[PDB]
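Model: Integrin-linked protein kinase / ligand bosutinib.
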Amino acid sequence: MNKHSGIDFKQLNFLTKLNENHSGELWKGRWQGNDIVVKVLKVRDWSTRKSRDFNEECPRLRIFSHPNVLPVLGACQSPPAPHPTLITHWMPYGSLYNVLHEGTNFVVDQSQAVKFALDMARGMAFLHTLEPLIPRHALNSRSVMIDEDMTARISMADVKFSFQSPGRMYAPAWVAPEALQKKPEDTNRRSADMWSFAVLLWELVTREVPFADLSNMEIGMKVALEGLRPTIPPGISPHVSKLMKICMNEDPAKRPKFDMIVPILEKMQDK
Amino acid sequence: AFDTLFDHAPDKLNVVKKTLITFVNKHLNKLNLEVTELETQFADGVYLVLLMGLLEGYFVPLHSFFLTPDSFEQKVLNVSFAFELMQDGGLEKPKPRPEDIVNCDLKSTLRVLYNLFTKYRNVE
Ligand SMILES: COc1cc(Nc2c(C#N)cnc3cc(OCCCN4CCN(C)CC4)c(OC)cc23)c(Cl)cc1Cl
């Protein structure tokens, strides 16, 4: 018999639909006393092979051992569920993107922003110790969630499954130039993640969406082929300027590791 | 249906072609690309791939297709990949074979472009 049955789809209480797009639907719900979010995945040409792969790839995402990583609580196997489905806890503030750019009630201060940066760096350092790496679509402000005590957490629900279309990139502004152009097996994926963190630093400094005026296709082609880069923000400390520049080094090999920037960010805390 | 617009109204065929030319430039000009000729400028598959990302809001990683195809076979692969992107976005499997586009069949080309126009004419 199988090692895991996964979560029983019949035990999910679907409360309210949150959104729908190309990749599927997000719902707020309840399961075994937990407030959850459910992703119902939309997959063209679903097959036994893809279902087998989904079920092999989901257990890796159930990471309960680090405060700055948000696990997949579990997944519904399809069959017998109607559709392949992922479950996480509901994070009350939503994504870092929501908190920074759609924050109608208060503006997070820069002490909180530095704490977000440290949280994300700690979670990424931990994920980078895993062997092999867990494939993700990308680190960006939509794949980081903000929990009830404002802890930032890297969402494992951003997993990239072996069947999902590598040809469509929806947040290229956070992607390293080499990763816009080369297959992942031909890049250092850890160094590519550091570029993404550099763009997150830029986002925390400017409180702007990177390249907001451009479409995703414009961003990817201009960053890859025309050298488009975020402009270094004026009026910031030389220390923050220097950190942003080293994390955004054009040479992937010269970018620091996450475990090197954690102590730098620790020192930038108020405590 | 579309076949009456092609053969037996050649000034409406010219109006459909002028319509499609305006539409594809609305998007491809954002990459500093200009289309003047529907007979050949989509045959190698590159502009169809770039167009799909402009219309459906994604970047296509350059390792996923041949940005500068160097053979008939790579052009066919680009057009096949673009057809997959179209189906990803909801369109039915396109009628022409990918080779029909690479071989500059004007009818095969305008059918594909017209279906993109039917769907995405209001994308900004
Ligand atoms: C389950 O799987 C996945 C889940 C997610 N996404 C979410 C995860 C996760 N992870 C966690 N918690 C989430 C909470 C959400 O809403 C919280 C309320 C936000 N408001 C924003 C505006 N401010 C002013 C008030 C608060 C949310 O809303 C859509 C999505 C969440 C993704 Cl993106 C992908 C997959 Cl595969």
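The chains carry the letters A, B, and so on, in the order of their sequence lines. Note that chain A carries the PDB entry numbering, so the residues on display, from first to last, are 182-452. For chain B, we keep the numbers from the PDB entry: what you see runs 249-372, in order. For the numbers below, each heavy atom of this structure counts, side chains included, while hydrogens, waters and symmetry mates do not. Both ligands and their constituent atoms are indexed starting at 1 by order of listing.
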Which other chains lie near bosutinib, in the sense of having some heavy atom under 4.0 Å away? A
Residues within 4.0 Å of bosutinib (heavy atoms): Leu199(A), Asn200(A), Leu207(A), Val218(A), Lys220(A), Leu251(A), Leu267(A), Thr269(A), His270(A), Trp271(A), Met272(A), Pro273(A), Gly275(A), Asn279(A), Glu283(A), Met326(A), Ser336(A), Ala338(A)
Judging by distance only, is a nitrogen or oxygen of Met272(A) under 3.5 angstrom from one on bosutinib? yes
With heavy atoms of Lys220(A) as the reference, note each atom of bosutinib found under 4.0 Å away. 1 (C), 2 (O), 36 (Cl)
Which of the atoms in bosutinib, numbered in the order shown and given with their element, are less than 4.0 Å from a heavy-atom of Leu267(A)? 1 (C), 36 (Cl)
Quick check: does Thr285(A) get an N/O under 3.5 Å from an N/O on bosutinib? no
Distance under 4.0 Å to a non-hydrogen atom of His270(A): what atoms of bosutinib satisfy this? 11 (C), 12 (N)
What Mg(2+)-binding residues, per UniProt, in chain A have a non-hydrogen atom within 4.0 Å of bosutinib? none
Across chain A, in which UniProt domain are most residues that contact bosutinib found? Protein kinase
Minimum-distance protein heavy atom relative to atom 24 (C) of bosutinib: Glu283(A) O, 3.8 Å
Please state which protein non-hydrogen atom is closest to atom 35 (C) of bosutinib and give its distance, to 0.1 Å? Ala338(A) CB, 3.5 Å
Taking a heavy-atom cut-off of 4.0 Å, which of the residues UniProt lists as ATP-binding in chain A lie that close to bosutinib? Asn200(A), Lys220(A), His270(A), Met272(A), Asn279(A)
Indicate whether atom 12 (N) of bosutinib is within a distance of less than 4.0 angstrom of some protein heavy atom. yes
Which protein heavy atom lies closest to atom 27 (C) of bosutinib, and at what distance to 0.1 Å? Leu199(A) CD1, 4.2 Å
Which atoms of bosutinib have any heavy atom of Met326(A) under 4.0 Å away? 6 (N), 7 (C), 8 (C), 9 (C), 11 (C), 33 (Cl)
Any protein heavy atom nearer than 4.0 Å to atom 4 (C) of bosutinib: yes
Numbered atoms and elements of bosutinib in range of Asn200(A), under 4.0 angstrom, heavy atoms: 29 (C)
Starting from atom 15 (C) of bosutinib, find the nearest protein heavy-atom neighbour and note its residue, name and distance. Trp271(A) CZ3, 3.8 Å
Of all the non-hydrogen atoms in the protein, which one sits nearest to atom 25 (C) of bosutinib, and at what distance? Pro273(A) O, 4.6 Å
